Amino acid sequence: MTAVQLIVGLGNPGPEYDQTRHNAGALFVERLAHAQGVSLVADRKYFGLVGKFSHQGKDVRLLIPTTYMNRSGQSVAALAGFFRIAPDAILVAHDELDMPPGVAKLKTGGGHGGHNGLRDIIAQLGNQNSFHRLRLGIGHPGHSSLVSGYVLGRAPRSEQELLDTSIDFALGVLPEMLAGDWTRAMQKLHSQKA
Ligand SMILES: Nc1ncn([C@@H]2O[C@H](CO)[C@@H](O)[C@H]2O)c(=O)n1
């Protein structure tokens, strides 16, 4: 029903955070941009890297915020506000503790689950949580005390590859996602196995 006009990939900026688990969303958008031949331009006005492509006669934008994760909403609100994009036309890709590496799922709305990127977006969008999420499994360390070090760590080879695989799976349902056919996207996606 509602075409996606903005795809956001969450991550922390800088060499220290590059390739860490918490940057799974940004990796997805990087991959997507490369596959679609889209340049990601550093644009201070949107506090991030912004790309654009055309699909079915509409501009679709790609955003990787270059705020810290906990201020990602500032970036999403700037770009969405400027182009008058409603939450229902936004997809946010992010790392998900509650699914293992190799699993990707889609979800509309819900809470943030302790993810400070998602939390700031919900807050900045005038407390609207009804955007869509691409949830990219990164596994869970096994206790709450270990979570912060875990998401800011670099995963071993095996887990990284599994993430790459889930990103591949998600890119396979891009047509459905872009069209806003979440029902069909979920059917195709939630039946894949790494
Ligand atoms: N439950 C939970 N707790 C924390 N975090 C992230 O860990 C990072 C480093 O502390 C923070 O930026 C949270 O987004 C998270 O993603 N989920």
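What you see of chain A is 1-194, where the numbers are those given in the PDB entry. All values below were derived from every heavy atom in this structure, side-chain atoms included, with hydrogens, water molecules and symmetry-related copies excluded. Ligands are counted one by one from 1 in listed order, and the atoms in each one are counted from 1 as well.
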Exercise. At ligand 1, which drug or drug candidate appears?
Worked result: 5-azacytidine
Exercise. Which chain makes more heavy-atom contacts with 5-azacytidine (ligand 1) than any other chain, name per UniProt?
Worked result: Peptidyl-tRNA hydrolase
For this session: State the binding site of 5-azacytidine (ligand 1) (non-hydrogen atoms, cut-off 4.0 Å).
Result: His22, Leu97, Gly113, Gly114, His115, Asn116, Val147, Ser148, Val151, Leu152
Exercise. Can you list the UniProt tRNA-binding residues of chain A with a heavy atom under 4.0 Å from 5-azacytidine (ligand 1)?
Worked result: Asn116
Exercise. Which 5-azacytidine (ligand 1) atoms does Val147 reach within 4.0 Å, using its non-hydrogen atoms?
Worked result: 2 (C), 3 (N), 4 (C)
Exercise. How far is atom 4 (C) of 5-azacytidine (ligand 1) from its nearest protein heavy atom, and which residue and atom name does that atom have?
Worked result: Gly114 O, 3.4 Å
Exercise. To which protein heavy atom is atom 10 (O) of 5-azacytidine (ligand 1) closest, and what is the distance rounded to 0.1 Å?
Worked result: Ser148 OG, 2.8 Å
Problem set entry | Proximal atoms of 5-azacytidine (ligand 1) relative to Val151 (non-hydrogen, under 4.0 Å) | 6 (C), 7 (O), 8 (C), 9 (C)
Problem set entry | Taking atom 12 (O) of 5-azacytidine (ligand 1) as the reference point, the nearest protein heavy atom with its distance | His22 NE2, 3.4 Å
Problem set entry | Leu152: numbered 5-azacytidine (ligand 1) atoms lying under 4.0 Å from its heavy atoms | 9 (C)
Problem set entry | Contacting atoms of 5-azacytidine (ligand 1), where contact means under 4.0 angstrom from a heavy atom of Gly113 | 1 (N)
Exercise. What atoms of 5-azacytidine (ligand 1) come closer than 4.0 angstrom to any heavy atom of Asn116?
Worked result: 11 (C), 12 (O), 13 (C), 14 (O)
Exercise. What is the nearest UniProt active-site residue of chain A to 5-azacytidine (ligand 1), and its minimum non-hydrogen atom distance to the nearest 1 Å?
Worked result: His22, 3 Å
Exercise answer, 5-azacytidine (ligand 1) polar atom pairs (N/O) under 3.5 angstrom:
from                     : atom 1 : to     : atom 2 : distance (Å)
5-azacytidine (ligand 1) : 1 (N)  : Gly113 : O      : 3.3
5-azacytidine (ligand 1) : 3 (N)  : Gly114 : O      : 3.3
5-azacytidine (ligand 1) : 5 (N)  : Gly114 : O      : 3.3
5-azacytidine (ligand 1) : 10 (O) : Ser148 : OG     : 2.8
5-azacytidine (ligand 1) : 12 (O) : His22  : NE2    : 3.4
5-azacytidine (ligand 1) : 14 (O) : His22  : NE2    : 2.9
5-azacytidine (ligand 1) : 14 (O) : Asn116 : N      : 2.9
5-azacytidine (ligand 1) : 17 (N) : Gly114 : O      : 3.1

